[PDB]
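The structure to be discussed contains baloxavir.
By convention here, the first residue in the shown sequence is residue 1. Each ligand, and each atom within it, is numbered from 1 in the order the structure gives. Computed from heavy atoms alone, side chains included, the values below leave out hydrogens, waters and symmetry copies.
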Amino acid sequence: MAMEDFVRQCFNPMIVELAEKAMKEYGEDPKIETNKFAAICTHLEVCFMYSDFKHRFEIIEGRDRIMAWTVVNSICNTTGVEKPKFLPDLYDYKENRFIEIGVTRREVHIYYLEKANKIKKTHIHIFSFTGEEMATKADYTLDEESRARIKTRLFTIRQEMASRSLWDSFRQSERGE
Ligand SMILES: O=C1c2c(O)c(=O)ccn2N([C@@H]2c3ccccc3SCc3c2ccc(F)c3F)[C@@H]2COCCN12
Ligand SMILES: [Mn+2]
Ligand SMILES: [Mn+2]
């Protein structure tokens, strides 16, 4: 069972199509980087579930680069929040801060450090496939139920992969050698 076939079966087609466009834009082939194809789908789903819990969250992820920065610029212009160097994933209109969503197959503490290091005001929220999470100042933003649902979906994706013998590959491809 190919990872590419898993992605197209396990994820909603709107998620798959946006993941494909994002990979084309950054010059990556979903037929070759199939684990990355799956990771982008998973992360994209988490961002939509995050902004699902008028609307508290603007979704930056899932847009072509130009539109993504247009939304970021428009928000900064109307709130005076400092424009970030790196594209974030969400904007929280209640806390008035951008959010960076991370999903990792490794230890959350390790991935949190990697993310915090790369961006040096953007709130960070890391999820794992084991039910763990780590967030800036231990401020998890959402209520308990909302995070429990994200954790359950991630764990379900993991078990759906494991049943098709895809988990081990997916786990090891996150960080290079
Ligand atoms: O939006 C993201 C992004 C994140 O937000 C993230 O948390 C991790 C990684 N990201 N990257 C995603 C991405 C997203 C989710 C899971 C893995 C990857 S792996 C690199 C890659 C991404 C998108 C397309 C592509 F072809 C890639 F090679 C790029 C980093 O440059 C800003 C846009 N972006
Ligand atoms: Mn992003
Ligand atoms: Mn992210």
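Location of baloxavir, all copies: ligand 1. Ranked by contacts, the top partner of baloxavir (the one with most) is named in UniProt as Polymerase acidic protein. Using a 4.0 Å threshold on non-hydrogen atoms, atom 2 (C) of baloxavir counts as touching the protein. Considering only non-hydrogen protein atoms, atom 32 (C) of baloxavir sits nearest to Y26 OH, 3.6 Å. Of all atoms in baloxavir, listed by their number and element, those nearer than 4.0 Å to a heavy atom of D89 are 5 (O). Taking 4.0 Å as the cut-off, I101 counts as a neighbour of baloxavir on heavy-atom distance. Per-atom contact check: atom 30 (C) of baloxavir does not touch the protein, criterion being a heavy-atom distance below 4.0 Å. When non-hydrogen atoms are compared, baloxavir lies under 4.0 Å from the side chain of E61 (C-beta onward) but not from its backbone. With hydrogens left out, the protein atom closest to atom 26 (F) of baloxavir is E28 CG, 3.2 Å, a heavy atom. Per UniProt's Mn(2+)-binding annotation of chain A, a non-hydrogen atom lies under 4.0 Å from baloxavir in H43, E61, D89, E100, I101.
In terms of polar-atom proximity, defined here as any N/O pair under 3.5 Å, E100 does make such a contact with baloxavir.
By the definition of a contact as any protein heavy atom under 4.0 Å away, atom 10 (N) of baloxavir is not in contact.
Atom 15 (C) of baloxavir has its nearest heavy-atom neighbour, among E33, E174, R63, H43, in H43. In this structure, the other ligands and ions lying under 4.0 Å from baloxavir are ligand 2 (manganese (II) ion), ligand 3 (manganese (II) ion). By the criterion of a heavy-atom distance under 4.0 Å, both the backbone and the side chain of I40 are placed next to baloxavir. For the pair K36 and baloxavir, the shortest N or O to N or O distance does not fall below 3.5 Å.
Nearest to atom 8 (C) of baloxavir among the protein's heavy atoms is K115 NZ, 3.5 Å. Considering backbone and side-chain N/O of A39, none are found under 3.5 Å from N/O of baloxavir. Checking UniProt active-site residues of chain A against baloxavir, the nearest one by heavy atoms (to 1 Å) is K115, 3 Å. Near baloxavir, within 4.0 Å on a heavy-atom basis, the structure shows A22, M23, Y26, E28, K36, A39, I40, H43, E61, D89, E100, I101, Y111, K115.
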